[PDB]
Undergrad: 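One structure, pasted below without further comment.
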Amino acid sequence: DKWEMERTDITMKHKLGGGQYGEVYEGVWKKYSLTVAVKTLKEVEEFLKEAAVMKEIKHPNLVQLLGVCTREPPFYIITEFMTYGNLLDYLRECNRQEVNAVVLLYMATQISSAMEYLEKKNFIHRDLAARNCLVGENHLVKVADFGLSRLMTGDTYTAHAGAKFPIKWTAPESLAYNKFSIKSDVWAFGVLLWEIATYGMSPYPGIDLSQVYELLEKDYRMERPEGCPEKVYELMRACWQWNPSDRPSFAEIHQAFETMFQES
Ligand SMILES: Cc1cn(-c2cc(NC(=O)c3ccc(C)c(Nc4nccc(-c5cccnc5)n4)c3)cc(C(F)(F)F)c2)cn1
């Protein structure tokens, strides 16, 4: 296994994000004095599944697997470390003059490119959201999956069907039937686009979780955010079509963002 690496090659430092990611630590890969992120096992089959899945996925806009220590405990998964951290906090904390409308569009385009690649792989993300994306230099954005549903405080994730779901990002068939697919990822992408356009406001503001499904079923959808371009809102609306087969593919979504970005 070319992925196995020397646990000793890594100096472990502090928990990242002051603990909001669980057992993930800042590390230095001494061999290259490279700051990395290291997820450790504090659920063994689930952790090894994560590592195996990450070996088969590779894209400029997906978080980069660098290695694993799974030959003996405690197991590690090591990825690149993204300077600016998670997209949700980034948006909330940014200088909006720097991170302006053209930049927002560029972020969305990058996310759609990763999703297009995952769609080509028949890979189902299941938890697409700003909280699961990372920001690097020059507004580089990558999709990731921090396995947040058991750690996160608040009512982001709530009890549903025996697990915890981010109800407000979840497609109606995924809520009702536990049916997840590339098209439920498209639905969540539309919510992500609204997160981006509002610089990380919480979706369906003020609307209790217990009422969301019934509203959606009556064709209630979030309104266009202030200053979100019309074409971008049109794409949100398409992503939130009730019937999954009515939603666009990520190939179509990426092409549309590419065209809009070219024209800006
Ligand atoms: C069974 C299974 C697994 N996955 C899946 C796992 C991941 N993993 C991580 O992103 C992940 C794993 C380990 C580490 C160390 C990291 N890196 C990490 N985790 C938390 C925070 C940070 C961080 C914070 C601030 C600055 N830089 C990095 N990095 C990511 C990523 C994906 C995705 F999105 F790409 F498809 C999918 C899906 N199904």
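Using the PDB entry numbers, chain A covers 233-274, 279-500, in order. Whatever order the structure lists ligands and atoms in, that order sets their numbers, starting from 1. Recorded method for this deposit: X-ray crystallography, 2.2 Å.
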Undergrad: At ligand 1, which drug or drug candidate appears?
TA: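 The drug there is nilotinib.
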Undergrad: Per UniProt, what is the name of the chain that shares the largest number of close contacts with nilotinib (ligand 1)?
TA: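 Main partner, per contacts: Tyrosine-protein kinase ABL1.
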Undergrad: At under 4.0 Å between heavy atoms, is it the side chain or the backbone of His361 that contacts nilotinib (ligand 1), or both, or neither?
TA: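 The part of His361 near nilotinib (ligand 1) is the side chain, not the backbone.
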Undergrad: Under 3.5 Å between any N/O of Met290 and any N/O of nilotinib (ligand 1): does that happen in this structure?
TA: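 Between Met290 and nilotinib (ligand 1) (N or O atoms, distance only) the closest approach is not under 3.5 Å.
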Undergrad: Could you find the nearest protein heavy atom to atom 38 (C) of nilotinib (ligand 1) and give me its residue, atom name and distance?
TA: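 Going atom by atom, the protein heavy atom closest to atom 38 (C) of nilotinib (ligand 1) ends up being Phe359 CZ, 3.8 Å.
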Undergrad: Using a 4.0 Å heavy-atom cut-off, which part of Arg362 comes near nilotinib (ligand 1): side chain, backbone, both, or neither?
TA: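 It is neither; nothing of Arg362 touches nilotinib (ligand 1).
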Undergrad: Is there a nitrogen or oxygen of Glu286 sitting under 3.5 Å from a nitrogen or oxygen of nilotinib (ligand 1)?
TA: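 Yes, there is a polar N/O contact under 3.5 Å.
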Undergrad: Below a 4.0 angstrom heavy-atom separation, can you tell me which part of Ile314, side chain or backbone, both or neither, approaches nilotinib (ligand 1)?
TA: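 Neither part.
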Undergrad: Which of the ATP-binding residues recorded by UniProt for chain A place a non-hydrogen atom closer than 4.0 Å to nilotinib (ligand 1)?
TA: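 Counting heavy atoms against the UniProt list, it comes to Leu248, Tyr253, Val256, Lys271, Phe317, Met318, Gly321.
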Undergrad: Polar contacts were defined as any N/O atom of the residue lying under 3.5 Å from an N/O atom of the ligand; does this apply to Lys271 and nilotinib (ligand 1)?
TA: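 In fact, backbone or side chain, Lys271 has no N or O that close.
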Undergrad: With heavy atoms of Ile313 as the reference, note each atom of nilotinib (ligand 1) found under 4.0 Å away.
TA: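 Going through nilotinib (ligand 1) atom by atom, the ones under 4.0 Å from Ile313 are 13 (C), 15 (C).
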Undergrad: Write down the UniProt active-site residue of chain A closest to nilotinib (ligand 1) and its shortest heavy-atom distance, rounded to 1 Å.
TA: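 Of the UniProt active-site residues, the closest to nilotinib (ligand 1) by heavy atoms is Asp363, 7 Å.
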Undergrad: How close does the nearest protein non-hydrogen atom get to atom 28 (C) of nilotinib (ligand 1), and which residue and atom is it?
TA: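 Result for atom 28 (C) of nilotinib (ligand 1): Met318 N, 3.8 Å.
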Undergrad: How close does the nearest protein non-hydrogen atom get to atom 32 (C) of nilotinib (ligand 1), and which residue and atom is it?
TA: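 Minimum-distance protein heavy atom for atom 32 (C) of nilotinib (ligand 1) reads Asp381 CB, 3.6 Å.
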Undergrad: Help me out - I need the UniProt domain of chain A that holds most residues contacting nilotinib (ligand 1).
TA: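 Per UniProt, it's Protein kinase.
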Undergrad: Identify the binding-site residues of nilotinib (ligand 1) using a heavy-atom cut-off of 4.0 Å.
TA: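 Heavy-atom contacts: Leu248, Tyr253, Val256, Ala269, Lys271, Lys285, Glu286, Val289, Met290, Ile293, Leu298, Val299, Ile313, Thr315, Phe317, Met318, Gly321, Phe359, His361, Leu370, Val379, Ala380, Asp381, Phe382.
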